[PDB]
Enquirer: 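There's a structure below that I have some questions on.
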Number of protein chains: 2
Amino acid sequence: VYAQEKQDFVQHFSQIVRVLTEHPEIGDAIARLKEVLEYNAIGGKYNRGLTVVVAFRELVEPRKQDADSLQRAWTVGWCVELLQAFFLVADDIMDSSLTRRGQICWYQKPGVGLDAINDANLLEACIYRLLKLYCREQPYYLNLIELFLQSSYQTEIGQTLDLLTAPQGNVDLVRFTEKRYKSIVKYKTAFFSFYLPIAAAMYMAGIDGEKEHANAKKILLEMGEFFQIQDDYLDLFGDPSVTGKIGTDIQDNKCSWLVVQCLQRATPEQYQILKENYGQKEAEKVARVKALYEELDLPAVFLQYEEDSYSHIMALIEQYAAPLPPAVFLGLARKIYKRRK
Amino acid sequence: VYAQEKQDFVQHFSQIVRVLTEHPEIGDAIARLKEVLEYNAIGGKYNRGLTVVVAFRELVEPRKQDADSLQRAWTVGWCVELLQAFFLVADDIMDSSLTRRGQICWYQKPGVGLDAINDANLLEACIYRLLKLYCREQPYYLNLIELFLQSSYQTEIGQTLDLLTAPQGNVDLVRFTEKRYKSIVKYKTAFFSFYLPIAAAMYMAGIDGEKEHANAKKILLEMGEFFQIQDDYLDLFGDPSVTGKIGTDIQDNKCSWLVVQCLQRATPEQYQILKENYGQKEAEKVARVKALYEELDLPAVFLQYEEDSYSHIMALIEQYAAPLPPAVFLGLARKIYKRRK
Ligand SMILES: O=P(O)(O)C(O)(Cc1cccnc1)P(=O)(O)O
Ligand SMILES: O=P(O)(O)C(O)(Cc1cccnc1)P(=O)(O)O
Ligand SMILES: C=C(C)CCOP(=O)(O)OP(=O)(O)O
Ligand SMILES: C=C(C)CCOP(=O)(O)OP(=O)(O)O
Ligand SMILES: [Mg+2]
Ligand SMILES: [Mg+2]
Ligand SMILES: [Mg+2]
Ligand SMILES: [Mg+2]
Ligand SMILES: [Mg+2]
Ligand SMILES: [Mg+2]
């Protein structure tokens, strides 16, 4: 259903750009906004934007799916894609990344640099511009504004947790626990990537109940934790030509799922190898950490976690999906299960 | 009236921090938010926050100024101070600044660096948290959310214009015109610093009329243009112990009011001196540009502009203040007239 809707969803980007780039004095700034939008909102899997589109089709009665209603749905999907673009442009600066989605990071582009900070905020500003342009007269207008605002705050608190546990130049092996990992990942990824697209479609379909949103959240935050674990696995063991980005977690002293599991299985001698080689820019030290991971059979430990966690998410769908069609959660789950990009 | 209300307004910051820093898992992130708030929202003149407080007192009938009403007013004032903090933390990174408000820029602090990007977004997130906590049940709640969102977009478009006209490593003397200057300054400063605090107080007082907001805007955008001109003058000719920040406009190849006037009065020989020495990090080249400014009597040209512009703003107050008390605009105008900090 995602694979089918992909070309239809991407075809609507042209309109999104047209409406956002429509006063001659700000001409150069609006021209730069188009360049920012084209570079940073295109090239990913569009899982978040498509989740809004697919979930709205499954939650709204077909006779109530008019052309204006469907336009609002993929506009809101594109708003989640812009939120993604905002966080990625800033995250690549802060993680000193090289590539994103098969091309050099926007801030690494000659002539951009730290101007990417303001470009990132512009991407965030376009969300509320589109919500005003297409959803201002709708009963769920305020619920969507607050949902996009709260999802941004939650991600930013998660990003604070990610950066505080990963100080440059300091050994922070003590703080790389399972409890700390779950808290980072819940806030930095699980809310905006999984709860936000489904919650937006739910509000657009008139499902605004506290209990329904709490039940959907129980499934989606677990799906999010699992998705970040896959992302951490891919940082080191994924193919950069497929993933589109070069890994930096070891160099960046990140509280990765991999380092958390390494610490749980490592011998005192192996702990010292990790202490001496983690969180440093040296290629030989990064190679040493990877060798330790492969030695502790961490790629196979990931295969077993992925199996066990997927069954747990399936048990959560069975418990908390009702009254929503289970396909809403199953579609996204199958889209991310056994991920390689 | 500003001078009197200053200590009262600053005394409320403790509550603002308490309510924003009130889940044990996010403890370290919330602790970092307090550090960000204390470092970056304190030390300025509080002109924007005080404008909300003073204007709300002058627009609302005293019998309608209850304790809850007054708390909402200085909370909204503090929301404008957080918007200021957000833009300043990011602007200092992008302008490669050293000091702000008498202390080293937050990003220049050891252990902060580019993590300041996420800290800046957290400051922006706190605005909407405070609006939800204190104004969610009020009739002007949505008008304030949209006003803070539109004022952020306008500033960001202004910041895009500021950065596009100031490329590092390129001579952009051709684009340093009066028409381009007016457009940068209108968007980057005039909207959020002058229109936003008065417009917020107007909405809180129930004055939501399009015509009234347009009349107030005509005065306040001119006041804003004037305020940025003073800021550009102070960048080079102000005392860093008084202003609290070290100037970077010449080094940063900025389209400053000073360089616009220099180009309008310079001889072809003087134009070449400017071409060869502007927009470069070399101390001897910056000293050369300053010498040219002093040679063209630019400090005296600023004294005359400040006089003529203040009379024009006074003519605009006389024309467009009604039905609002002129003291609303006069208070802010006298607070910024002959500025040195
Ligand atoms: O794409 P990335 O950089 O692997 C990531 O997933 C990006 C990201 C940005 C913001 C929130 N969550 C994840 P990260 O956490 O840095 O591993
Ligand atoms: O404090 P600054 O850096 O002099 C300034 O006024 C800061 C600022 C930030 C954002 C919008 N407007 C002004 P700038 O424009 O860089 O001269
Ligand atoms: C929140 C995370 C883990 C960042 C990357 O998400 P995606 O893997 O969905 O990246 P894109 O498809 O948008 O490129
Ligand atoms: C928008 C501009 C010109 C930035 C500085 O404003 P202020 O001069 O008001 O600085 P603070 O008092 O908040 O420190
Ligand atoms: Mg990151
Ligand atoms: Mg990253
Ligand atoms: Mg990653
Ligand atoms: Mg600037
Ligand atoms: Mg600056
Ligand atoms: Mg300045």
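For reference, chains are lettered A, B, ... following the sequence lines as listed. The residue numbers of chain A are those assigned by the PDB entry, with the residues present covering 9-30, 35-353 sequentially. Here the PDB entry sets the residue numbers for chain B, with the shown residues being 9-30, 35-353 in order. Ligands are counted one by one from 1 in listed order, and the atoms in each one are counted from 1 as well. The analysis underlying the following values was restricted to heavy atoms, covering all of them including side chains, and did not include hydrogens, waters or symmetry mates.
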Enquirer: What does the PDB call the drug placed at ligand 1?
Expert: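 It's recorded as risedronate.
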Enquirer: What's the chief binding partner of risedronate (ligand 1) here? Just the name from UniProt is fine.
Expert: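 The largest contact partner is Farnesyl pyrophosphate synthase.
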Enquirer: Which other chain letters have a heavy atom less than 4.0 Å from risedronate (ligand 1)?
Expert: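 By heavy-atom distance, the answer is A.
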Enquirer: Please list the residues near risedronate (ligand 1), using 4.0 Å as the heavy-atom limit.
Expert: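 The site of risedronate (ligand 1), heavy atoms only, is A/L100, A/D103, A/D107, A/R112, A/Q171, A/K200, A/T201, A/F204, A/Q240, A/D243, A/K257.
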Enquirer: Is there any N or O on A/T201 that sits under 3.5 Å from an N or O of risedronate (ligand 1)?
Expert: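 In this structure, A/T201 places an N or O atom under 3.5 Å from an N or O of risedronate (ligand 1).
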Enquirer: Do A/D107 and risedronate (ligand 1) have an N or O pair less than 3.5 Å apart?
Expert: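 Yes, A/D107 has an N/O under 3.5 Å of an N/O on risedronate (ligand 1).
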Enquirer: Looking only at protein heavy atoms, which one is nearest to atom 15 (O) of risedronate (ligand 1), and how far off is it?
Expert: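 Scanning the protein heavy atoms, the shortest distance from atom 15 (O) of risedronate (ligand 1) goes to A/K200 NZ, 2.5 Å.
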Enquirer: In the protein, which heavy atom is nearest to atom 7 (C) of risedronate (ligand 1), and how far is it?
Expert: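 Of every protein heavy atom, A/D103 OD2, 3.5 Å lies nearest to atom 7 (C) of risedronate (ligand 1).
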Enquirer: Examine A/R112 against risedronate (ligand 1) and note whether any of their N/O atoms are separated by less than 3.5 Å.
Expert: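 A/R112 vs risedronate (ligand 1): N/O contact under 3.5 Å present.
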Enquirer: Polar contacts were defined as any N/O atom of the residue lying under 3.5 Å from an N/O atom of the ligand; does this apply to A/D243 and risedronate (ligand 1)?
Expert: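 Yes, since at least one N or O of A/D243 sits under 3.5 Å from an N or O of risedronate (ligand 1).
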Enquirer: Checking heavy atoms only, which UniProt-annotated dimethylallyl diphosphate-binding residues of chain A fall inside 4.0 Å of risedronate (ligand 1)?
Expert: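 The UniProt-listed residues with a non-hydrogen atom that close: A/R112, A/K200, A/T201, A/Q240, A/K257.
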Enquirer: Would A/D247 count as a polar contact of risedronate (ligand 1), with the cut-off being nitrogen or oxygen pairs under 3.5 Å?
Expert: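 Among all N and O atoms of A/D247, none is under 3.5 Å from an N or O of risedronate (ligand 1).
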Enquirer: Going by the order shown, which atoms of risedronate (ligand 1) are within less than 4.0 Å of some heavy atom of A/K257?
Expert: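 Checking each atom against A/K257, I get 1 (O), 2 (P), 4 (O).
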Enquirer: If you count the atoms of risedronate (ligand 1) from 1 in the order shown, which ones are under 4.0 Å from a heavy atom of A/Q171?
Expert: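 Atoms satisfying the 4.0 Å criterion: 9 (C), 10 (C), 11 (C).
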Enquirer: Is it the case that risedronate (ligand 1) has an N or O less than 3.5 angstrom from some N or O of A/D261?
Expert: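 No: no nitrogen or oxygen of A/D261 is under 3.5 Å from one in risedronate (ligand 1).
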Enquirer: I'd like to know the organism the PDB gives for chain A, please.
Expert: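 Going by the PDB entry, Homo sapiens.
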